[PDB]
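First up is the structure itself, then whatever we jot down about it.
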There are 2 protein chains.
Amino acid sequence: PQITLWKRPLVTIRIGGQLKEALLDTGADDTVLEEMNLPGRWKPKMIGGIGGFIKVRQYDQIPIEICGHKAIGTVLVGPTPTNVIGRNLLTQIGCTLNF
Amino acid sequence: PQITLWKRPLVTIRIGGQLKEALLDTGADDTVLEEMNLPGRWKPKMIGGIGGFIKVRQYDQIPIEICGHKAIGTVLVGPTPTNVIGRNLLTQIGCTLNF
Ligand SMILES: Cc1c(O)cccc1C(=O)N[C@@H](CSc1ccccc1)[C@H](O)CN1C[C@H]2CCCC[C@H]2C[C@H]1C(=O)NC(C)(C)C
């Protein structure tokens, strides 16, 4: 689909069998979701943006269906202000910026 | 143009006739530029990123050419590690997300 930016580019995702809403974020290198439980082992990591750094749980090779498109990759879980789908997964679904 | 997301979508922007590299960021509601001594009045504002809020100076109706496309709007200046072009300006240059 083609998405304009007059409003936040929010989309529904399926992860761990549960539906969630997330923001398609070209400015984020990684995908970061609010605290939640996910199958498998995770590794402690830290990521930063504006405002500073936060501690997250790194889960690898996690399947996520984004607006009907399949992706399987790294998902960071932590106290992020909101769910963000970063470039690591945006590239998997063939998402590009156009103007 | 079409910009893929294999690497950070950094483009050249012109503000004050000067050139800077900035990130096309669909996840940002606002445009936040690294500290720069812009002239004129401004209003204090707090913007929140992944690691918390930072204080910025809000400048209104500032001309900004993004990768050759002209825009004009609100630009926030503060201690961000990277220049970010948010939806407030991305919409002006007709930028969309596609997949
Ligand atoms: C700058 C800005 C605004 O002016 C208004 C609203 C949000 C933001 C904002 O920082 N949005 C961010 C998403 S994280 C997010 C946080 C809160 C609400 C929605 C999204 C940016 O799109 C992405 N953001 C762009 C950029 C911000 C300056 C530092 C270098 C990158 C860091 C990157 C980022 O945070 N990456 C993570 C991997 C940690 C997620």
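Chain letters run A, B, ... following the sequence lines, proteins first, then strands; residues in each count from 1. Side chains are part of it too, since the values below use all heavy atoms of this structure and drop only hydrogens, waters and symmetry mates. First listed ligand is number 1; within each ligand, the first listed atom is number 1.
Measured by close contacts, the chief partner of ligand 1 is listed under the PDB entry as Protease. The drug or candidate drug modeled at ligand 1 is nelfinavir.
Other chains whose heavy atoms approach nelfinavir (ligand 1) within less than 4.0 Å: A, B. The binding-site residues for nelfinavir (ligand 1) (non-hydrogen atoms, 4.0 Å) are A:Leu23, A:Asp25, A:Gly27, A:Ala28, A:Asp29, A:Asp30, A:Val32, A:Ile47, A:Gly48, A:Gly49, A:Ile50, A:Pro81, A:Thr82, B:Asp25, B:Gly27, B:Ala28, B:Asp29, B:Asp30, B:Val32, B:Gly48, B:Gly49, B:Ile50, B:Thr80, B:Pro81, B:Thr82, B:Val84.
In terms of polar-atom proximity, A:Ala28 is not counted as a contact of nelfinavir (ligand 1), lacking any N or O under 3.5 Å from an N or O of the ligand. Remark: minimum distance from atom 18 (C) of nelfinavir (ligand 1) to any protein heavy atom is reached at A:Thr82 CG2, 3.9 Å. Taking any N or O of A:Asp29, backbone or side chain, none lies under 3.5 Å from an N or O belonging to nelfinavir (ligand 1).
Nearest to atom 27 (C) of nelfinavir (ligand 1) among the protein's heavy atoms is A:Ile50 CG1, 3.8 Å.
Every atom of nelfinavir (ligand 1) with a heavy atom of B:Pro81 under 4.0 Å away is listed here by number and element: 29 (C).
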